[PDB]
Peer 1: 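The following block contains the structure, expressed as structure tokens.
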Amino acid sequence: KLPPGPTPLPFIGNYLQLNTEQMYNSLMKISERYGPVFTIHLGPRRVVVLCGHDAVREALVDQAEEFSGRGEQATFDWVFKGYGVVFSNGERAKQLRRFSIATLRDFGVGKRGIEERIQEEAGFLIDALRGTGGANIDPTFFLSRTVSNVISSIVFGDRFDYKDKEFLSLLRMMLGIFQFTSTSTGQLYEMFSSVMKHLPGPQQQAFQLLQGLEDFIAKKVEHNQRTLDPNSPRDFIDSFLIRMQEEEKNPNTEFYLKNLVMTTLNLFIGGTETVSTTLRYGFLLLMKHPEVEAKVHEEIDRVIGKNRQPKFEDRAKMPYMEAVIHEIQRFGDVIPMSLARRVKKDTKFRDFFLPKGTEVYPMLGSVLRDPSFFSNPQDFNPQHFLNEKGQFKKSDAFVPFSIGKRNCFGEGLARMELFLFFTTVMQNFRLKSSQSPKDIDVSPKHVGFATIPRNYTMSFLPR
Ligand code: HEM
Ligand SMILES: CC[C@@H]1C(=O)OC[C@@H]1Cc1cncn1C
């Protein structure tokens, strides 16, 4: 009655069928044998796996409510423990998601306000990139300081100074955690956390980075409590603390300190790491494909010029830039197995029985690379989202933010960030790799919870 899958052994589950260094490939290799919907055992953790566009959409959209429960990511749940928007369920999820979405809008997300903040911030990236004097540099922290400063703008009330040593520290913590969760040890941790959380190893270093990010948030919150004005909120934290006051006589309220610290931490991490990684992978992809970079320059110079900052409405007159970013996201596949979902109830799904609480892995990478939706799925080719005529061609398999009821509500900010950061860098600079185009490896360095591109250096040269 459960979907078919390979026979597990007691406790270790399907250990013998999985290579934890390549979870995505192992699962895809299993899906080739069993079909697109299968049951896998991550140790004693039973998970149903959805591969391909049709399986992912049929579950997450066509049966949206049923598949709207949140599952586990054990590394991250070490600190969160079900608190905060991302890892919450039921009433807690309803309440925090509604609040988060509305308070981000109040602070300019999808509005003129945040567009101005992003333009300013891009401005500061531009100056910082000129300041290398065309140097061969690691762009990791330049990109990530810039990106993080936007969400930090919204949640903490001010940006970080690029020279701030504590800022760099947090960014290393973030990079560190995503790194770990995409290593074989990270993925074994997903299978055997109840043992491994008590064992020395890279787990312990990852928990310590998570604890450092937690301590920094709770000290930012403590500061806000001590200085709050209930009639003029400075930031997201302020808004949340005001609601905590209004709610202190509701006995069943989800608005309390632990949910504030953990939601704020979801936002800070969310709004920092994915867009940053996307950009870094982006500049690698473009350096590997000079023909695509040249076509980008052409369009920016024609539609925008050189005399001003790019804006968000510029998107509508720029078919090719939209297709490069969509293709960057589709190739990049930054979060390849989504965040895990779970069935809210005993559930019937295309002739299988899913008991209440069964964890579900929507293989977003299998949709981004579904050969029914994309011609040569393993090639970076911006034409994947283009008319024969050259107009922007959408895709139902374009799913890097997932779909359904618990879909990324950061999509709006991220899309605005990607566009303005990519064009404003492209307008002001051309990209020059440390090796020739043919010797650049664009294959990932780590794939697990995230797709992590290889360490590289590059140069930014003015036009
Ligand atoms: C390149 C950019 C981004 C990518 C690829 C991405 C990807 C994802 C994915 C795959 C999920 C899981 C959704 C699901 O379970 O169906 C998610 C959820 C989430 N994301 Fe993002 N995201 C991005 C940007 C952002 C930004 C900028 C923020 C914060 C401003 C953010 C915050 C969140 C939050 C809070 C959730 C939890 C949704 C929920 O459980 O209700 N993300 N994102
Ligand atoms: C594993 C959950 C991570 C967290 O703490 O909150 C969001 C984050 C994952 C994520 C979702 N959207 C972008 N990111 C980087």
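If you read the sequence from its start, that first residue is 1, and numbering goes on from there. Any value given below was found using the heavy atoms of this structure, including those in side chains, with hydrogens, waters and symmetry copies removed. Atoms within each ligand, like the ligands themselves, are counted from 1 in listed order.
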Peer 1: What would the PDB label the drug at ligand 2?
Peer 2: pilocarpine
Peer 1: Look up in UniProt the name of the chain with the most contacts to pilocarpine (ligand 2).
Peer 2: Cytochrome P450 2A6
Peer 1: Quick one: does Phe401 get within less than 4.0 Å of pilocarpine (ligand 2), heavy atoms only?
Peer 2: no
Peer 1: Under 4.0 Å from atom 11 (C) of pilocarpine (ligand 2), can you find at least one protein heavy atom?
Peer 2: no
Peer 1: According to the entry, what is the source organism of chain A?
Peer 2: Homo sapiens
Peer 1: To which protein heavy atom is atom 3 (C) of pilocarpine (ligand 2) closest, and what is the distance rounded to 0.1 Å?
Peer 2: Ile269 CG2, 4.1 Å
Peer 1: Of the backbone atoms (N, CA, C, O) and the side-chain heavy atoms from C-beta on, which set of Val86 has a member under 4.0 Å from an atom of pilocarpine (ligand 2): side chain, backbone, both, or neither?
Peer 2: side chain
Peer 1: Could you name the option among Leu210, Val275, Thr274 that has the heavy atom nearest to atom 13 (C) of pilocarpine (ligand 2)?
Peer 2: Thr274
Peer 1: Please state which substrate-binding residues recorded by UniProt for chain A are within 4.0 Å of pilocarpine (ligand 2) (heavy atoms only).
Peer 2: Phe76, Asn266
Peer 1: What are the neighbouring residues of pilocarpine (ligand 2) within 4.0 Å, counting only heavy atoms?
Peer 2: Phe76, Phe80, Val86, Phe87, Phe178, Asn266, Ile269, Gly270, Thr274, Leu339, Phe449
